[PDB]
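Reminder, nothing fancy here: chain letters follow the sequence lines and each chain counts from 1. Atoms considered below: every heavy atom in the structure, side chains included; atoms not considered: hydrogens, waters and symmetry mates.
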Amino acid sequence: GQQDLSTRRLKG
Amino acid sequence: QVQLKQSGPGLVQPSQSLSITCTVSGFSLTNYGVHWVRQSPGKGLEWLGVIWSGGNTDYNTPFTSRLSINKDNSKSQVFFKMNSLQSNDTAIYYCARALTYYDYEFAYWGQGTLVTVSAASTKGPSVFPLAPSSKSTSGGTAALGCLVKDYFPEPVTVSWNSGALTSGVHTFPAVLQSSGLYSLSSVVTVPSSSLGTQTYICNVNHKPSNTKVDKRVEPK
Amino acid sequence: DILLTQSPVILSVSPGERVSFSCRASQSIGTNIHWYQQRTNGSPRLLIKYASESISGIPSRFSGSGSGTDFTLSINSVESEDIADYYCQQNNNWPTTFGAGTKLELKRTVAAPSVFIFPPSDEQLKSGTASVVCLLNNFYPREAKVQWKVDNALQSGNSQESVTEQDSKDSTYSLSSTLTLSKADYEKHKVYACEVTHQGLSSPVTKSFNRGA
């Protein structure tokens, strides 16, 4: 549900 | 064509100020407004503000006091500056241009600038080879890689053979070790029979620390 | 500030199926909504403007509809290059705001991992640390177990995993498990083994090496 700055993809 | 190019990612210490430069081409700043958007874990996508063709600025409400946008039309540069950053201001910052001069549908984006707000210090990575062997060959395919260890902050860029090798590359997401430094591996699979003839180099760039390393990876 | 609610959080579909993304607004916004795609390590890419209008260079399989508060982004026959997050944006009211995004995952047939193991390099050992890397390559689905053993002692807590996002071409994942020892510990033992369990393997696969060769 939250964005992940490492991958720029939504993760949980 | 239309491009927007941002300055590199970096560390900012708490309470200090963030500065990003957008350099545009394919259009003139006197004809289009340039907007600033960020992407954070807390707030997601968040429009920050805009400097218009004529130099006027608008700032999203929570940032009016600590945000400031300027530009040099002749140099095709837009300067983003935000004051007193805290940890939740860690985010990817983008400049964007819309389709028309007055609108907000963002057809053109910069590449993003990952900004980390941390009291810590910048630290370049050490790069170690993940050497192919028999324990890493399967049916004519060998796997090889680079261990990019103990750096801060994110990001690091990894390519193979200066861009020419892209097929079969997996650069893994960074993981934060208990030391508070990041580590990752980048792998590629190749024909084992080419290990004799071809050269395999991972090109590592840690822009926050100005660390560029080229690591040759050879069978051991 | 208009609240944009995207649902669901994650969409999982098979290649060729249809798929719709919902964006609901907290008050009427007319057709003043735009849609964006974001791929792994990418910047957003404008797909639709004003609920339904095409954008130059965007595959025709992308379409949008809706008005008022209920909006839909549709892909009529999904491809693996569509693996991404998708966001809506409203601009009927200042300031412009974005939804929180729906993730698009793709189903595919089961693919067993190819397993490779890498001892620590002599370069790393000079620093007094030992990383042992186990690579699980090009597998589906995402669930996998990696079990580390050092001279038949089960390792626990001294490894870290990383998984790539889904591949845009073949829809697989790859995973890395890194086991981290001190040089002294590493030098004190001989057999280093990575055991991999996955739905595509009929029995666990073990890749091991003896320190030295």
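Most heavy-atom contacts to chains B and C in this structure come from the chain listed in the PDB entry as Meditope. Looking at chains B and C, one finds the drug cetuximab. In terms of heavy-atom pairs under 4.5 angstrom with chain A, the leader among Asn41(C), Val9(C), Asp85(C) is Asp85(C). For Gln2(A), no part sits under 4.5 Å from any heavy atom of chain C (cetuximab), backbone or side chain. Counting heavy-atom pairs closer than 4.5 Å to chain A, the top chain of cetuximab is chain C. For chain A, the nearby parts of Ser43(C) are the backbone and the side chain; heavy atoms of each come within less than 4.5 Å. Heavy atoms closer than 4.5 Å to chain A are found in both the backbone and the side chain of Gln38(C). The residues lying within 4.5 Å of cetuximab, counted on heavy atoms, are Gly1(A), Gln2(A), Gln3(A), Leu5(A), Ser6(A), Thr7(A), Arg8(A), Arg9(A), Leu10(A).
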